[PDB]
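The next PDB entry has saquinavir among its components.
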Protein chains: 2
Amino acid sequence: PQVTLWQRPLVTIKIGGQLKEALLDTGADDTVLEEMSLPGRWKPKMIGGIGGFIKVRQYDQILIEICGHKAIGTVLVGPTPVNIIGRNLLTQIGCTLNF
Amino acid sequence: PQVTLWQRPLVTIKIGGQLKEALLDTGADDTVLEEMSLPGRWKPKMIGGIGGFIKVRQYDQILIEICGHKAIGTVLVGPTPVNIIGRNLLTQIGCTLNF
Ligand SMILES: CC(C)(C)NC(=O)[C@@H]1C[C@@H]2CCCC[C@@H]2CN1C[C@@H](O)[C@H](Cc1ccccc1)NC(=O)[C@H](CC(N)=O)NC(=O)c1ccc2ccccc2n1
C-alpha cells in the first residue's frame, strides 16, 4: 500500500505465534524487537544507535509476517522501546521510498 | 526520486551554507544532525534512541535543501553518529513509503 509520514509508519507483524505492531524504519539496518518468547538458538550481539549500545539476542531464519507479506531473516531481540522493522527485511516485502 | 533499500537511503542536503550527507529516516520523528555551525538561537532538549538519551541543541525555522527540495523546520544538532532526516521534514519534501 502507499504510506504517508504524518503519523509513525506502524504495521502489524505476526511473529512466533504472536501479533505485534512495528515501525517501518528505513534508517535501521537491522530488525530489533522488544523482549519476547522465540524458539531456539540465538547468539549474543551488540548493536548501536543514538544514545549508545544495547546487547541483543540474535535469531536467524525467523519467519515474520509484515502487514500480510512473508519474509525470513535475522531478527534481534532486546531492550528496544519500539519494535523496528529494519532494512534487511524491508527489501523482502519490496518496500521503496518515494519523493 | 524512487529509492530502493539494499543500500542506506542517503541524500545530499545543503544546510547553513554547508553540504552534507544525510539518511532519510521514516522511523525518526525528528531531524538530528551532527555537530555543525549554525547561526542563531537554540534551545536545549533531550532526545532518546535505542541506547539511551542525548542532549541536543534545538534550532527552529532552519532552511534545509534535501535533494533539491527546500523545506523549513526544526533541526536538532548534537552528538549523533550520522545525520538523520526524520518525519518532520520528510512530510515536507513529499516523502512516502511503498510496498
Ligand atoms: C535500530 C538500529 C538498527 C540499532 N538502528 C538505529 O538505532 C539507527 C542508528 C543510526 C545511527 C545513530 C543515529 C540514529 C541512526 C538511525 N537509527 C534508526 C532510527 O530510526 C531510530 C529508531 C528508533 C525508533 C524509536 C525508538 C528507538 C529507536 N530512531 C531514532 O533514533 C529517533 C531519534 C529521534 N529523536 O528522532 N527516535 C525517535 O524518533 C524516537 C521515537 C520514540 C521514542 C520513544 C522512546 C525512546 C526513544 C524514542 N525515539
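The order of the sequence lines fixes the chain letters, beginning with A. Chain A is numbered as in the PDB entry; the shown residues are, in order, 1-99. Residues displayed in chain B correspond, in order, to the PDB entry positions 1-99. Both ligands and their constituent atoms are indexed starting at 1 by order of listing.
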List the chief contact partner of saquinavir in this entry, with the name from the PDB entry. HIV-1 protease
Which other chain letters have a heavy atom less than 4.0 Å from saquinavir? A, B
Any atoms of saquinavir less than 4.0 Å from a non-hydrogen atom of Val82(A)? List them with their elements. 24 (C), 25 (C), 26 (C)
Tell me the contacting part of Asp30(B) for saquinavir: side chain, backbone, both, or neither, using a 4.0 Å heavy-atom threshold, strictly below. both
Taking 4.0 Å as the limit for heavy-atom contacts, which would you say applies to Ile84(B) with saquinavir: side chain only, backbone only, both, or neither? side chain
Can you list the atoms of saquinavir that are under 4.0 Å from a heavy atom of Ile47(A)? 4 (C)
So which bit of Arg87(B) gets within less than 4.0 Å of saquinavir, heavy atoms only: side chain, backbone, both or neither? neither
Closest to atom 4 (C) of saquinavir among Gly48(A), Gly78(A), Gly78(B), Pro81(B) (heavy-atom distance): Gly48(A)
May I ask which of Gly52(B), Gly51(B), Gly49(B) has a heavy atom nearer to atom 27 (C) of saquinavir than the others do? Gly49(B)
Check this for me - saquinavir, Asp29(B), N or O atoms closer than 3.5 angstrom, yes or no? yes
Kindly indicate whether atom 44 (C) of saquinavir is approached by any protein heavy atom to under 4.0 angstrom. no
Can you list the atoms of saquinavir that are under 4.0 Å from a heavy atom of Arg8(A)? 41 (C), 42 (C)
What do we get for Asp25(A) next to saquinavir when only non-hydrogen atoms under 4.0 Å count, side chain, backbone, both or neither? side chain
Proximity to saquinavir by part of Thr80(B), non-hydrogen separation under 4.0 Å: side chain
Which residues would you count as binding saquinavir, with heavy atoms within 4.0 Å? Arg8(A), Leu23(A), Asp25(A), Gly27(A), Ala28(A), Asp29(A), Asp30(A), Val32(A), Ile47(A), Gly48(A), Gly49(A), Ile50(A), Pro81(A), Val82(A), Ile84(A), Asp25(B), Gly27(B), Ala28(B), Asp29(B), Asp30(B), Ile47(B), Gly48(B), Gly49(B), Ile50(B), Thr80(B), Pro81(B), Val82(B), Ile84(B)
